[PDB]
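Structure with colchicine present.
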Amino acid sequence: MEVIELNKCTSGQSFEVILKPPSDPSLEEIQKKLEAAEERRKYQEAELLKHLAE
Amino acid sequence: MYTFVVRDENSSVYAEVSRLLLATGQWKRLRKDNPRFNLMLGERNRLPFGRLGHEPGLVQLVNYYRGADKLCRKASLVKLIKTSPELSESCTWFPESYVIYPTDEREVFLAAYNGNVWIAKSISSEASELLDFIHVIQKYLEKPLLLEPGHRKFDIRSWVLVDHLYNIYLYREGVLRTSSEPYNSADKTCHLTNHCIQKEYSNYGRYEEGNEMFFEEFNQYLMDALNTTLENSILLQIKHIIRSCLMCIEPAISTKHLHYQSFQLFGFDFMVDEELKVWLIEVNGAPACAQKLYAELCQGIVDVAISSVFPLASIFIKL
Amino acid sequence: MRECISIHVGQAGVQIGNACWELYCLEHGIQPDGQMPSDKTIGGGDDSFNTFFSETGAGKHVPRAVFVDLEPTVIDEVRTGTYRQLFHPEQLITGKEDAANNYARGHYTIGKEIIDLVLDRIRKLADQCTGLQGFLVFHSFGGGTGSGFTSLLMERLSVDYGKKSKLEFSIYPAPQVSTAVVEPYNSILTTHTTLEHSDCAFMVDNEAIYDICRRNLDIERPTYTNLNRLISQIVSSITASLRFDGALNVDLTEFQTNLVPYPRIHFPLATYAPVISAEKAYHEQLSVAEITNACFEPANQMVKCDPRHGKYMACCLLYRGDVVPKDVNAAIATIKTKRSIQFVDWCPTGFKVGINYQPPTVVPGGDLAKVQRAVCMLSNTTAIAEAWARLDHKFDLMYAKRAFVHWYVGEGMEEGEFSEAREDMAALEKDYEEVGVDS
Amino acid sequence: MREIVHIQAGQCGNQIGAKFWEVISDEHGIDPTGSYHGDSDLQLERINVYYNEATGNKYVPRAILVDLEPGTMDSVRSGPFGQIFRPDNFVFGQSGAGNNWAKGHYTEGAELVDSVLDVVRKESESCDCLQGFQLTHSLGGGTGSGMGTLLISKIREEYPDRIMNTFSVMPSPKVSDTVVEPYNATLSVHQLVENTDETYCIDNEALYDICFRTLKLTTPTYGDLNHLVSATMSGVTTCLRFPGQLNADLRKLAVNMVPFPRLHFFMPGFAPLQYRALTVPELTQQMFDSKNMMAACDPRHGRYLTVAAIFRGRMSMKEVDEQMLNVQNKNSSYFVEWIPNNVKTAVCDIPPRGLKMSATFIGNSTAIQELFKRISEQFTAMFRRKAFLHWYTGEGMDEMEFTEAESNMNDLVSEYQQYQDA
Ligand SMILES: Nc1nc2c(ncn2[C@@H]2O[C@H](COP(=O)(O)OP(=O)(O)OP(=O)(O)O)[C@@H](O)[C@H]2O)c(=O)[nH]1
Ligand SMILES: Nc1ncnc2c1ncn2[C@@H]1O[C@H](COP(=O)(O)OP(=O)(O)CP(=O)(O)O)[C@@H](O)[C@H]1O
Ligand SMILES: COc1cc2c(c(OC)c1OC)-c1ccc(OC)c(=O)cc1[C@@H](NC(C)=O)CC2
Ligand SMILES: Nc1nc2c(ncn2[C@@H]2O[C@H](COP(=O)(O)OP(=O)(O)O)[C@@H](O)[C@H]2O)c(=O)[nH]1
Ligand SMILES: [Ca+2]
Ligand SMILES: [Ca+2]
Ligand SMILES: [Mg+2]
Ligand SMILES: [Mg+2]
Ligand SMILES: [Mg+2]
């Protein structure tokens, strides 16, 4: 059981005790995702408005 | 009205338990995947303990202790006994065993090898034959207590129930699974006292019905032949061994401060030598029961393990 | 001095954010009007508390925080609340209508229309920073905004602030505390999308806090205020090292370095002790040994699970109050011989300890009693995978029948994302198993 | 600010709509003149959801009154709270619909529909953020059934992203006006399946049975039936109208109550249906009782997909939670196991008038298929002989349109049975 890296100050202190040794998508890609979903909403709504028009 | 589910159809013991629950009119069986239950008779493998105790307004109980597999596996038991200070290598009531992979204790086993008969499992006097077969290699008790007449071998099965409060209950009725063939220290039928083996490879049922001798007969035998009782010569050691194993693993498996509760029925197997010393062979996490003892024991389970948590509207020895 | 920006998303994030900054002000001696008598350097400075607070010429100490919600009702209570003078109006961002417990609505539909505004307001705070460390993101798993918009935000933050660390405080859904039936969906969806963008995430199960408030505080039905003030104490204990003088976890990077060996497995388990009722007139002060032992009790964990049947990768002990290193070691030595503490073989069986002499601050009139010493243990255990398993199972039950799926598809999301997110969670559970379980 | 635009169409729709406004105006402390005289600010906190604020701090219902004959709307205007409604929101014709869906939907109704949409448009423009629409009507008549569903279709065309909510009164031979009611109801259900997000199924057979068997009324009138509907509508909209723990609107409700788009037909319930206060266990027991249901379906003949419950009054929140969990745990077989925690409860501290406490039930149960089966049998019995069809073909309809409506409702029934065996 060893205590290492003991640092002290006015606010308190810290240390480490050892007990045993061991044995991204770009902005463009995000925009496409958001726009692809938006266009899928637009298509679904257009189908609704078409269905209502009929 | 309490609710329960069944997730182990192959369970002989808990098939009777569920039957008794229904015969009270206060328990109702649910579908196997219904989460709104009070009691779970779970499966032997990969039981989802992680999903227990998260349903609002439900006290949940399960018929298995998570982590009890450490005691109920061949290699795990050997490792547990050696590495636990409360058991240690000087255990004295557990035969000299070594874990061998086909860690590990291969050199250490050979150092002790050099009566030199051992047995591999997961029987030979030559270490070369044992290793080439491969698991754990345990010292074979070459001097077992032999019943007369017959000059035959036996083992002792004890049923132990541990409730949610971690009370250790020993069933009064144990059983001796005896060999129907005479012992020969020079064919592994008179060496193995398993019921499935005796009912097949053996003179089966010659001396007692189905090679099962119960405590009252065995006690009377000890009094007539050795002028002693079962309690003194054997049960004291059995009760000691059971308590040693279960207390050792208690802080690892106890559900005292858990969001769910656990109980479990255990099957301890013992061997007795000619010096009337009791040796622990193994521990069964999902044991079966004797046919004539199903009625009493299963009712005992409902009474102390189930109804203690879910009260409705002793056959056990407390250790 | 290096700054940290806090981001609160959705109702849960905002209301918890309220509880935290209330506590922060009490700890640093900052009055609701923004004034801080302790600070002698007027209108500037690079003290430890400046990491969370900027300063104006009038001596006002302004939180480096942004509040975002897709509906105004929750944030409106901040604009007219006790700390209405504390925040700049720009920091408080609200939309018209919410995501309606729908991840897809918060992420795709509404998120697209407001994401640039949020990033711009965040950029405002970033320009005031001489050396921004990164971000602290507070949100729920279950809310449409908390799950949907947060994941989108985390993606864009990785783009605009690539070198910056991002920490999460996530609210795990519990039927005991006002959940919706679709919250398991939102939880898996947001965890999948946010996973590669979060360096370290602290999950808080509402079930755990609910039970702690019932058990320890004797509150039959805890309100959000009761829950959040308890959560704020844990959050404070975790972020105290960033706001005060010290040598442990002084920057956001240290959290990953000390707690997260494998990037995907970045969900440390938090455990706090002691939690004492303020109504309790007579109570004995617990010792260092007692509060440290309580860190290994499942009943004191932020997420209900069993660490006995898992393996540790890292462990950090954060003490506050009358605590000396001698008593800590005497406690640790004792605990090892009683508890089941199994570390992974490729890690040092040890503890990183941090101690702040100032005892935990409590809100006047609150439910929490003042204690002379308390501890928060941050341990990366594979046992926390139980929470993933529970959550994934509830996902599987509904998704097998495609229940509620049409709501998400109707918002422009593809059904494939459901399976993609679930497969990622399946892989995550497997990672925990390979690290924690033996054959 | 989550405003709702209310629409009431036809005789039944206007008579129940009027009663609804009388009840909630009282709960919000609004007098027949539209002036507030309450005692709590909790009454005014979410008043904007159903009321517009006038010049001199008067509150005017965001309600539109529609009919093809002036009779019922003359009664409403001369009613107790008749002066509270905006005069320009009275839209009516002179011809009537003669209990004919075709006249409401295709001929007489088509002439009046644009005038209604003008008022709808005007009310929507005065909303900070329109939450959705609410319609009260019957399915057995002509105006509420025919023109009502035409309105819904027209509204969805102009406001495709807004929630549509209906309180729809289902006809029954026990409380019948004409024999063509199954024709009108079947044609309407077809519309409701496609164009509503939430439909509360109010069965006149159930309303009658409750009045007769439970309330001990030997000769129930429409007024007695409407008292139950008015009380149910108040409880259903409680979390919309009053401040509380629950931060949710109509869309959040629809998202969590509707697992599959077509299956959005709810069984409403109410308790108690006296000066003796009810204990929480009693409220919970009665609320789940079939005799307190208003769809005339046996919940034990099916399974609950989702359940919402609203308790009103000052009571133990722990006891409420315990009793609700109790019912689920004691009857787990009547709740689908593939939707975890599918029963949610909300509590409002403010009780309705005349009760210290009450409970409102909203169930999405597969047992509702019994309601549609009943209508379908009555439909088929006449349609197989083309009985009374000339009333419809004389208005331009063809037999094919009846066959399609029948097919779609039988499909609806099969889909309910599909998830009852899941
Ligand atoms: N601990 C805690 N949890 C909260 C709080 N508010 C909401 N939650 C949890 O958050 C989940 C619901 O998500 P919300 O944050 O309320 O919803 P949202 O993020 O605003 O997203 P929307 O659906 O658009 O409203 C539920 O599981 C709640 O238990 C809070 O103040 N404290
Ligand atoms: N070291 C030993 N010395 C003597 N006999 C031994 C022995 N080890 C085992 N046996 C014999 O082993 C037989 C029991 O089987 P064992 O307990 O080894 O495993 P098993 O195959 O029975 C699995 P389970 O108990 O779960 O059914 C007994 O009949 C006993 O005679
Ligand atoms: C606007 O008023 C309501 C709005 C909602 C609900 C509700 O019933 C209790 C209401 O009162 C009628 C609601 C309903 C059911 C749920 O599951 C069936 C759910 O997950 C969740 C809910 C609500 N959320 C909670 C935590 O109760 C949100 C939607
Ligand atoms: N509950 C209730 N049902 C009504 C009322 N008035 C009519 N009904 C029912 O509605 C159907 C008649 O439709 P109605 O609204 O009168 O015709 P409409 O004016 O063309 O819409 C019949 O099934 C009646 O039983 C009422 O005031 N209350
Ligand atoms: Ca300063
Ligand atoms: Ca005309
Ligand atoms: Mg055996
Ligand atoms: Mg919200
Ligand atoms: Mg009429």
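Chain labels are A, B, C, ... in exactly the order the sequence lines appear. Here chain A follows the PDB entry, giving residues 6-28, 44-74 in order. Here the PDB entry sets the residue numbers for chain B, with the shown residues being 1-102, 125-136, 144-151, 162-173, 180-231, 235-250, 252-362, 373-378 in order. Using the PDB entry numbers, chain C covers 1-439, in order. We number chain D the same way the PDB entry does; the residues here are 1-42, 45-275, 282-360, 369-438, in that order. Values below: all heavy atoms of this structure, side chains included; hydrogens, waters and symmetry mates excluded. Header says: X-ray crystallography, 2.3 Å. Order of listing sets the numbers, starting from 1, for every ligand and every atom in it. What you see here is only part of the deposit, and the contact count is restricted to that part.
The ligands or chains that make up colchicine in this structure: ligand 3.
Of the chains near colchicine (ligand 3), the one making the most contacts is recorded in UniProt as Tubulin beta-2B chain. At a heavy-atom cut-off of 4.0 Å, other chains contacting colchicine (ligand 3): C, D. The residue-level binding site of colchicine (ligand 3) (heavy-atom cut-off 4.0 Å) is C:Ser178, C:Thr179, C:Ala180, C:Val181, D:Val238, D:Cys241, D:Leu242, D:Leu248, D:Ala250, D:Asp251, D:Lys254, D:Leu255, D:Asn258, D:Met259, D:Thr314, D:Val315, D:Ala316, D:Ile318, D:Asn350, D:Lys352, D:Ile378. Heavy-atom proximity to D:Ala316, at under 4.0 Å, picks out these atoms of colchicine (ligand 3): 8 (O), 9 (C). Of all atoms in colchicine (ligand 3), listed by their number and element, those nearer than 4.0 Å to a heavy atom of D:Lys254 are 29 (C). The nearest protein atom to atom 28 (C) of colchicine (ligand 3), hydrogens excluded, is given as D:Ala250 CB, 3.6 Å; this is a heavy-atom distance. Near C:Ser178, the atoms of colchicine (ligand 3) lying under 4.0 angstrom from a non-hydrogen atom of the residue are 26 (C).
Taking every non-hydrogen atom of D:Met259 and a distance limit under 4.0 Å, the qualifying atoms of colchicine (ligand 3) come out as 15 (C), 18 (C). Residue D:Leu242 has at least one heavy-atom neighbour below 4.0 Å for each of these atoms of colchicine (ligand 3): 1 (C). The name that the PDB assigns to chain C is Tubulin alpha-1B chain.
Shortest contact from atom 24 (N) of colchicine (ligand 3) to any protein heavy atom: D:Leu248 CD1, 3.5 Å. As recorded in the PDB, the organism behind chain D is Bos taurus. Protein heavy atom nearest atom 12 (C) of colchicine (ligand 3), with residue, atom name and distance: D:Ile318 CD1, 3.6 Å. Remark: minimum distance from atom 22 (C) of colchicine (ligand 3) to any protein heavy atom is reached at D:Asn258 ND2, 4.3 Å. Scanning the protein heavy atoms around atom 26 (C) of colchicine (ligand 3), the nearest turns out to be C:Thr179 O, 3.5 Å. Taking UniProt's list of GTP-binding residues in chain D, a heavy atom lies under 4.0 Å from colchicine (ligand 3) for no entry. Those atoms of colchicine (ligand 3) that come under 4.0 Å of a heavy atom in C:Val181, given as number and element, are 17 (O), 20 (O). For atom 16 (C) of colchicine (ligand 3), the nearest non-hydrogen atom of the protein is D:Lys352 CG, 3.3 Å. Closest to atom 13 (C) of colchicine (ligand 3) among all protein heavy atoms lies D:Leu255 CD1, 4.2 Å. Distance from atom 2 (O) of colchicine (ligand 3) to its nearest protein heavy atom, with residue and atom name: D:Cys241 CB, 3.6 Å. Every atom of colchicine (ligand 3) is numbered from 1 in the order shown, and the set under 4.0 Å from a heavy atom of C:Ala180 is 20 (O). Heavy-atom contacts of D:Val315 reach the following atoms of colchicine (ligand 3): 18 (C) (cutoff under 4.0 Å).
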